[PDB]
Amino acid sequence: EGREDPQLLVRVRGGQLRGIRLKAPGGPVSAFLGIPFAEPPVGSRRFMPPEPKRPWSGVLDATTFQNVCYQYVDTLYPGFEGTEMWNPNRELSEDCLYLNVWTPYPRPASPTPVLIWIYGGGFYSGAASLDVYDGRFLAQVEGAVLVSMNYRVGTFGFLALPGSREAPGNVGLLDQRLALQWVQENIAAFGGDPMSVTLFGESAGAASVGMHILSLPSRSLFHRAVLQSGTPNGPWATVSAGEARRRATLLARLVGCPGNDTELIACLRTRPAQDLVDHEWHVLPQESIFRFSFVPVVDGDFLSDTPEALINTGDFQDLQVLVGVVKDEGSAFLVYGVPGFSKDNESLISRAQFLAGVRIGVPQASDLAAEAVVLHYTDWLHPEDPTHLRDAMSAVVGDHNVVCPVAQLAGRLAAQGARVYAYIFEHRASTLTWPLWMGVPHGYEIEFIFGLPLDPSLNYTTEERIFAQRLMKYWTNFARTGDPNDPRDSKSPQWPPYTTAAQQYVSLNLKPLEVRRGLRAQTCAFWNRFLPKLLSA
Amino acid sequence: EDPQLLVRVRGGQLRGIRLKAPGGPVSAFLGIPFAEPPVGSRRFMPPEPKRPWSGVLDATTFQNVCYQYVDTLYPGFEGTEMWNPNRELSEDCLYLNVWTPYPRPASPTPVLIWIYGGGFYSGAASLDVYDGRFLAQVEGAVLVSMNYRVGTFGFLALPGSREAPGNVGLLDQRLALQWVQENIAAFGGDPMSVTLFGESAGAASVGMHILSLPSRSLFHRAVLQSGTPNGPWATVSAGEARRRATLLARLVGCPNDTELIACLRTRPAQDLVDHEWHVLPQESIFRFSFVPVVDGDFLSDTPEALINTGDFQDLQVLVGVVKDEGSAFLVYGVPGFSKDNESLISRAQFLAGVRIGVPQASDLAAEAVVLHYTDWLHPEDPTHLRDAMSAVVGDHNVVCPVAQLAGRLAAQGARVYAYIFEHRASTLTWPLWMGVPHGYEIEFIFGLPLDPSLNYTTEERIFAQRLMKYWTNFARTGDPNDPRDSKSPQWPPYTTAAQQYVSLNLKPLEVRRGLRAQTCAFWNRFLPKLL
Ligand SMILES: C[N+](C)(C)CCCCCCCCCC[N+](C)(C)C
């Protein structure tokens, strides 16, 4: 300990940690990377709820990110930045339950609001160690204390035989909850305020934030929530108990595992990690995009009912939420399975290809429902136009899966006492390597929120760097106060709360805040109010 | 004896009357018999041609109006009285009217034939709004209008029977059409240039002559104003007509087909009219009990099947709608609606209204209509709900059937011109909220604003002149554009890709694209697949 930097030695419940002094553009920050918050969920602990980390002795080195949770690695376009930046940047292992802390350097004098980030990746991938999730900018410029955790994905995190003890389901949400409990117990050691914790997340991260909102034990572990482009309701974020059982049973069958729950899980346990990954996609009921095999399950425990039933009957009075979407939520998903679509051409499609694409984007639709979608999205002045058909296909996937479930969520939370703020994110990064026709794709607001444009060596424009500063300001103000608006700041335009009466939300882009009314309101009535009844009768 | 008012037709000699038009004299020949009176045992039967007469037949007045229900919703109000019979009611009513220039056209003149509307249960060729003198005088047109049988009298069918075969009101129209072929040259008309035009049930009539072979050699061009033979109200199936005829008979104490019609023929006219409205299967508006039947004869198949398979290559058609087709219909049955208040309604009332406006809708289809017409920023605003109700009725019954017809005729070789009429008459007595109601362009097409004693504005007099010019240019050439006027924009043909149509209002022609295209996709393409 003699010669170490005194500002980097911290004790937590399990013992002593040494962090690292990192350079941010404006000055130094403190990082504590790869803190274990759980016993390594390996061997007989696969599929199992996580157990609190046993204390170590000596000084645990927390200067590097730890292993990423075992997952499928995207290889659709090897070498391409657009996909590689989401791929694991550390070795895969089932031994992966670690979290990461960024704080100002020196650590703040007085209790500081805490941001907890939950990554996305369809519940089958992701990592808290990705460059785009780097907490140094928020820690340095805003003084934030930032935490992000690994949680198990795919089979390891969500394979379930509901009702059993050996694979209860939702263990990936349980990992996240453990990390939240860790933050309650330990964040003060870092100068964080456990009495002011904001969750934020994008995609499946956002659906996770959503599920902590809807799960009572989690509710005492945070105060405010930010859902970016993801919701707990909707067609992909959860499965019924029955459907989870079918999928788990089929996967077991496909890897050579024969009847009752104990035998079946013991055999899966047993199989090499890569084996479960190699077969994970084979268990989906239909040809489809935006569907993932192993997701949170409606177990009657972590989720005591469907998310739809819970948002409809909950009282959300003590709650402040920020929710929003990007302009082109669906575009990037199309190249993963809709024929006619590719990142290396303009992807102009015919009416045939559009109808075939709808059956893949809306796998649960009968021929009547699919016709309804195709008719709703047709441009009747130019019904054969391949540019519009291509943008229709993107909007279908984007609206059904993200925009309309978000609009629905905002509407329910507002109606039942929550303070809600809503945005559509509309700026395409000058650095984006996906094609122009993809517009502003899923995930590309992250990036600005974490303030990467502030790095002089990333080649963003000055306007983009200013924009990043604005977004960090809204996000941390929300964390700080429950309100994204700057209280001191006279000259600026105000971001109003979303309400059922006025349906007000804001545009985030290079221009000042513009207030808009109704979030794809006509189309969301189609998806949220009409389409369900069609699929019912 | 004025020689310009003496004409010899095939049935004998006729004498008309010199009328005053603001510009000058016209010749009128009113009450020319074109058929034997369909009385007694000819009730419900095809018309037979009129027997020859002797001496000189006095054709100087409108004859009886065909027996029909008379609207008593608002007694003595102009808005409804102007559509009511203005002559005596009678089963003896098969008379037609002819206006020509004075003196009579020197050279063969294109002929316009007017077929009145009135839901197939009413109307007369004798209403002031159908006055042919203006078109005759200003544009030099030969105009013909005929009475045809309506209600039980024109349309009660026992399909398959000798004695009530159905569609006899259309056969009356056809007989008047053949009569024009045989006689109009005596008036200086050109039997080689005949244009049908009609509004509402009369537009549906025109459309049926387009879809019926024997009619097709009696006219060259057609105008369909605010109605079509396709759509939910213009035809019934053979089975549905038999159901209705049998029910009417039962309601009047009658009694095999022969015995049932025999007893119906013994019933006074008014006893039949009395129970006319009790036979509809559902409480509804924009539905009429006795309309053309798909008999397998006049109509060899449903209008939809016929427009989908027809070759319409030698045909020109003008079609259009007024801006607020459904509004006038709401006060005739929808709870919450009245001409004497602003008719602000609730959401509950909108759905109750949809059940009456779209009577064939299931709960789910009714929900689809309601969801589609809702304004999602103000889902409770009473003004929008009221206007939506009007749009549901207008789109479902008129606008979207018109769009379908236009699309099909153009896809299959017809030259098609389409319009939306958007001028509300300064003289109109319906309330402002009704906008521009069903029927209210006829006024202008006939050129009534050219009458100084009616005091339309000067701008309306000019407007009326433009529309008379369009309509007769079209009758003259199958194209409403003025073949010597070198002025923009030209009214372009409606085609299935560009979907160009024009708005007729006080301002010059504006070309628009897509006739409520999104909404018509809902009615024409989704909603049927739903039921
Ligand atoms: C591998 N298969 C074909 C079986 C499934 C791939 C699932 C699609 C992944 C989403 C792509 C969006 C990219 C950007 N992010 C995820 C960051 C928003």
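Residue numbers start from 1 in every chain, and the chains themselves are labelled A, B, ... in the order their sequence lines are given, proteins ahead of strands. Both backbone and side-chain heavy atoms feed into the values below; hydrogens, waters and symmetry mates do not. Every number for a ligand or one of its atoms is a count from 1 in the order of the listing.
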Can you identify which of bupropion, decamethonium, methoxsalen is positioned at ligand 1?
-> decamethonium
What name does the PDB entry give to the macromolecule most in contact with decamethonium (ligand 1)?
-> acetylcholinesterase
Report the chain letters of other chains having a non-hydrogen atom under 4.0 Å from decamethonium (ligand 1).
-> A
Which residues lie closer than 4.0 Å to decamethonium (ligand 1) by heavy-atom distance?
-> A/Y72, A/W86, A/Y124, A/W281, A/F333, A/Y336, A/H442
Which organism does the PDB entry associate with chain A as its source?
-> Mus musculus
Find the residue among the UniProt active-site annotations of chain A nearest to decamethonium (ligand 1); state the heavy-atom distance to the nearest 1 Å.
-> A/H442, 3 Å
